[PDB]
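Input: a single structure, listed below in structure tokens.
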Amino acid sequence: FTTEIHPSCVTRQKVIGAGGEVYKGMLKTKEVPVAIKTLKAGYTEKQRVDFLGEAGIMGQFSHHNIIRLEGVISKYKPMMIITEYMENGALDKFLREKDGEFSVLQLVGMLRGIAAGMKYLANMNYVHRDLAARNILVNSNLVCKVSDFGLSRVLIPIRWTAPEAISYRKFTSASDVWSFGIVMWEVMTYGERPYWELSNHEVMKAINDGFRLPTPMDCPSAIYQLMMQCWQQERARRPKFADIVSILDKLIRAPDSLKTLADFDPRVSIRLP
Ligand SMILES: CO[C@@H](C(=O)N1Cc2[nH]nc(NC(=O)c3ccc(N4CCN(C)CC4)cc3)c2C1)c1ccccc1
């Protein structure tokens, strides 16, 4: 049972997104900021199962890097899912708005947090299917938390998705590891679009041909090596999230290890005599 919140305790203050709206608001239980997702009159049976299913999933979880469920409004209409407020919004937009503003150690710490959340989910037998920086939220302590929970409602996003999931719909924690590799590239590039302007068909062709994303600028060699191992075609060869967490924790605890950078391939020549 999730916590049932009375609507008098919830003050919607401003629209912060869509998913039928997501609000920033306050929750009285002194008041605390929350995110508030609503479900309007006329919702179908499937919408209700998906909506409360998302809450039911999140209520089973208790981890630092997983968005916390404060409670639900289900006895009154419109129904609401109330979650912890993440002041800095989605990670992809956050990185793009803060280009170059963080240390390599901060960026890798963000990835460690995401990986710890994903290790928790996988161990809990939850396959995310839509892991991407756009679905990771950032708070005012720079902590990154996996969000976007549900079933059929979360989705395919081709350039984040593992080949076996594209080709025959096999979604597992190992296809989430592939996605996590893409998220590593997103973070280290401050939110560049994976595969830039290649079309979805061109991306799948490139992957099948063996091509992989090139090294980000200023990227520790150990970090590029780890994301490349996330992108092994053979599922069984990919690291598990336990391995990823272990490696990232060891790199962070010996931070001089991150000063060794992978070579960056320039896509431009500048010659000055
Ligand atoms: C659709 O569900 C929401 C959801 O569940 N959630 C739960 C939850 N908690 N906290 C949230 N914060 C924000 O959505 C948010 C958005 C923009 C924001 N500002 C925008 C302008 N920027 C310049 C500064 C930052 C600041 C905070 C959300 C959303 C969701 C949204 C995005 C990714 C994952 C989930």
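Following the PDB entry, chain A shows residues 604-622, 625-634, 639-764, 779-896, kept in their order. Counting starts at 1 for both ligands and their atoms, following the listed order. For the numbers below, each heavy atom of this structure counts, side chains included, while hydrogens, waters and symmetry mates do not.
- Counting heavy-atom pairs under 4.5 Å, the chain with the largest count for ligand 1 is, by its name in UniProt, Ephrin type-A receptor 2.
- As PDB records put it, the drug at ligand 1 is danusertib.
- Scanning all protein heavy atoms for the shortest distance to atom 10 (N) of danusertib (ligand 1) gives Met695 N, 2.9 Å.
- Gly698 CA, 3.6 Å is the protein heavy atom nearest to atom 15 (C) of danusertib (ligand 1).
- Protein heavy atom at the shortest distance from atom 29 (C) of danusertib (ligand 1) is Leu746 CD1, 3.9 Å.
- For atom 13 (C) of danusertib (ligand 1), the nearest non-hydrogen atom of the protein is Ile619 CD1, 3.6 Å.
- Residue contact check for danusertib (ligand 1): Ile676 places no non-hydrogen atom closer than 4.0 Å to it.
- Most residues of chain A touching danusertib (ligand 1) map to the UniProt domain Protein kinase.
- Listed by atom number, the atoms of danusertib (ligand 1) under 4.0 Å from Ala644 heavy atoms are 7 (C), 8 (C), 9 (N), 10 (N), 28 (C).
- With distances taken over non-hydrogen atoms, the option nearest atom 26 (C) of danusertib (ligand 1) out of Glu696, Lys629, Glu663 is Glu696.
- Within the 4.0 angstrom cut-off, atom 20 (C) of danusertib (ligand 1) has no protein heavy-atom neighbours.
- Among the UniProt active-site residues of chain A, the one closest to danusertib (ligand 1) by heavy-atom distance, rounded to 1 Å, is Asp739, 9 Å.
- Of the listed options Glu693, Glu626, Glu706, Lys702, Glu706 places a heavy atom closest to atom 22 (N) of danusertib (ligand 1).
- Of all protein heavy atoms, the one lying nearest to atom 33 (C) of danusertib (ligand 1) is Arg743 O, 3.2 Å.
- Among all protein heavy atoms, the one lying closest to atom 7 (C) of danusertib (ligand 1) is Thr692 OG1, 3.4 Å.
- Binding site of danusertib (ligand 1) at 4.0 Å (heavy atoms): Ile619, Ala644, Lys646, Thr692, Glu693, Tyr694, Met695, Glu696, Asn697, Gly698, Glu706, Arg743, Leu746, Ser756.
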Would you tabulate the polar-atom pairs, meaning N/O of danusertib (ligand 1) against N/O of the protein, with distances under 3.5 Å, reported to 0.1 Å?
unit_1: danusertib (ligand 1); atom_1: 2 (O); unit_2: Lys646; atom_2: NZ; d: 3.3
unit_1: danusertib (ligand 1); atom_1: 9 (N); unit_2: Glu693; atom_2: O; d: 2.9
unit_1: danusertib (ligand 1); atom_1: 10 (N); unit_2: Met695; atom_2: N; d: 2.9
unit_1: danusertib (ligand 1); atom_1: 12 (N); unit_2: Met695; atom_2: O; d: 3.2

